[PDB]
Amino acid sequence: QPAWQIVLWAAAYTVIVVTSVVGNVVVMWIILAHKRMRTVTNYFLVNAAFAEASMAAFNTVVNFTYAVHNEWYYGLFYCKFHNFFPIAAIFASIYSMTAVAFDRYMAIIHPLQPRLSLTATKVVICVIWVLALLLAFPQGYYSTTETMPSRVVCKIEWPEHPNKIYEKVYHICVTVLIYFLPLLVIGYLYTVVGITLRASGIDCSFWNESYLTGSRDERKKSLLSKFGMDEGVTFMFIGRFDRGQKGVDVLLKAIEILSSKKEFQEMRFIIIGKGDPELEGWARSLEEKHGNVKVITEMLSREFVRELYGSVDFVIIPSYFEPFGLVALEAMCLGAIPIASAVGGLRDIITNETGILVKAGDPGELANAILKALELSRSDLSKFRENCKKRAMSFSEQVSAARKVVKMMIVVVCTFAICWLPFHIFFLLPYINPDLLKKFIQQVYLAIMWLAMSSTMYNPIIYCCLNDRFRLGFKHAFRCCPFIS
Ligand SMILES: Cc1ccccc1-c1cc(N2CCN(C)CC2)ncc1N(C)C(=O)C(C)(C)c1cc(C(F)(F)F)cc(C(F)(F)F)c1
C-alpha cells in the first residue's frame, strides 16, 4: 500500500481524535458547568461523552498504527488496555443512552411512576461502569505480548479449549450486549414514545380560533339556521358509527333518555359520521322524530369541521377506546368545551376545569353530563372556553418539545447503529463464511474501523444541530472565533 494512502488514513483518524475530544469535552463543560443543565438525562449524556472521548483519546492512534504496521511496540499494559477499554467504553456509552431512553419512556408512558433522582442516576452510572469493566475484564486478563514466532504481537491468549469455544461465546455475548440487545430495547422504547407523541400532535396553524370570524354566538346562530334549527345549547359528535369503539350508540341511548325530559327542548344535536347501518338508521329515525337533532353522513372538509368546533357549545366524545384523543385537542383549541369518556388520552388531556368527563359505556351518566352542560350554559362560559384553549395549547407545547428531544436521541441511536454495523459484520463474517482472501481487506478494514471509531465524534455535533441549549453552549465555548457574537 502506497505511503500517500497511509498519510491520508492517518489524517482521517486524526480528525476523529481531535473532533471527538474537543466536542465531548465541550459537551461535558456545557452540562457540568451550567446548573440548569444538570438533569438525569444530561448526566447520562455526560457519562457517554466521557466514555467516547476517552476511547478516542486513548485507543484510536494505536489501533490505526497497529492496523497499518502489524508489530506491537507499545508494551504489555497498553496491550491489555488496547483489548480491554473499547468494550468497557462502548458498553458504558450505549447503556447510558439506554438509560436516557428508559427515562423518557417513563416520563411519557407512565408519568405517575417515580423516576430516578440525580443521586440515583449517579449510582446507576457507577453500576454501568462496574458491569462494563467486568465484561471487558477477560480480554484484558488474557491479552499478552509475544513473538509469533519471531515478531512481537499483542494477542488475546484464551485458555486452549474445544476449538476456541470460550472466545466464540465471549465474542457473541459481547456483540449482543453492546449492539443487538441495547438497540432492540432502545428501538422498542422510542417506537412507543415516538408514536405516542406524534399521535398526540395537532397542527395549531390550522386548528386555531383566530381563523374564525365574528362572535361565537353569531356563528352558532348562523350554523343552526343553516341546519334549520332554532337557537339553543348545541352538542356535536363526530366519529365512526360502530359498537364498542367510538360510542355513538351510547350517545343515541343518551338522546333517547333525554328526549322525555323538558330540558330536551333547549338542546340541539349534530351527529356526524357513518358506519354500521343499524346505527345510521337509528340516528336518522332520531333525526326525523325530533326537530332539534341533525345527522350528517356525508364526508366534511376539515374547514367545515373547524367551523363547527368554533360554533357549537360542546363536543361529545363517548369513546370506549381512545388512546390519544387528538379530537379533544381539536375541539378545545376552537373553544368547544369537551364532554368525553374518561379513557386513555381523553382522561389525560381533559381536566375538571377544562371539560366534563364520564364513565365509558354508560348512557345515563352521559345524559346527566349533558344536563350538567345545559345548567352551565345558563351562565357565561367564556372562562371555561379560555381554560379549554389554554390547556390544549400548553399540552401541545409540551408534545412538540418532547418530540424534538426524542428526535435528537433517535438520531443518536441510529448513528451508533450505522457506525457499528459494518464492524460487527466484519468480525462475525468468519463464522458465517470464513473467507477474509485479501481482496483489498486491509483497505476495507481501515474503512470499517474508521467508521466505528468515528462514532465517538458525532454526538456533540448532533446536540449542536438539534438542541438550542447545546448550540448556545457551543457558541459560548467558541465565542473567540469570528462567527459568534
Ligand atoms: C471481542 C469482540 C467484541 C465485539 C466485537 C468484536 C470483537 C472481536 C472478535 C475477534 N474474534 C472472533 C471473530 N474471528 C475473527 C476470530 C477472532 N477478534 C477481535 C475482536 N476485536 C475487534 C476486539 O477484541 C477489540 C480490539 C478489543 C475491540 C473491540 C471493540 C468493540 F467494542 F466493538 F467490542 C471496538 C474496538 C475498536 F473500536 F477500538 F477498534 C476494538
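Along the sequence shown, the residues carry numbers beginning at 1. Both backbone and side-chain heavy atoms feed into the values below; hydrogens, waters and symmetry mates do not. Looking at the header, which is where the method is noted, we find X-ray crystallography, 2.2 Å. Order of appearance sets the numbers: ligands from 1, and atoms from 1 within every ligand.
- The chain with the most heavy-atom contacts to ligand 1 in this structure is named in UniProt as Substance-P receptor.
- The PDB lists the drug found at ligand 1 under the name netupitant.
- The shortest separation from a heavy atom of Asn63 to netupitant is under 4.0 Å, placing the residue in contact.
- Taking 4.0 Å as the cut-off, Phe423 counts as a neighbour of netupitant on heavy-atom distance.
- At the top of the distance list for atom 41 (C) of netupitant, counting protein heavy atoms only, stands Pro86 CB, 3.9 Å.
- Closer than 4.0 Å to atom 16 (C) of netupitant lies none of the heavy atoms of the protein.
- Residue contact check for netupitant: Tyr431 places a non-hydrogen atom closer than 4.0 Å to it.
- Within a 4.0 Å radius of atom 5 (C) of netupitant, the protein has at least one heavy atom.
- Counted by heavy atoms under 4.0 Å from netupitant, the UniProt CP-96345-binding residues of chain A that qualify: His171.
- Here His424 has side-chain heavy atoms under 4.0 Å from netupitant, and that is the only part of it that gets that close.
- Here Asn59 has no heavy atoms under 4.0 Å from netupitant, in either its backbone or its side chain.
- Heavy atoms of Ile178 found under 4.0 angstrom from netupitant belong exclusively to the side chain.
- With heavy atoms counted under 4.0 Å from netupitant, the transmembrane segments of chain A in UniProt's N-terminal numbering that qualify are 3, 4, 5, 6, 7.
- Of the N or O atoms in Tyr170, none lie within a sub-3.5 Å distance of an N or O in netupitant.
- The closest approach between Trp420 and netupitant falls below 4.0 Å for a heavy atom of the residue.
- By heavy-atom distance, the residue among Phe84, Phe427, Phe91, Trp158 lying nearest atom 13 (C) of netupitant is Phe427.
- Counting heavy atoms closer than 4.0 Å to netupitant, residue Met453 contributes side-chain atoms (C-beta onward) but none from N, CA, C or O.
- Applying a heavy-atom cut-off of 4.0 Å to netupitant picks out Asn63, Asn83, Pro86, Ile87, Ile90, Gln139, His171, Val174, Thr175, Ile178, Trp420, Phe423, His424, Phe427, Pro430, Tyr431, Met453.
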Which N/O atoms of netupitant sit under 3.5 Å from a protein N/O, and at what distances?
| from | atom 1 | to | atom 2 | distance (Å) |
| --- | --- | --- | --- | --- |
| netupitant | 24 (O) | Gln139 | OE1 | 3.0 |

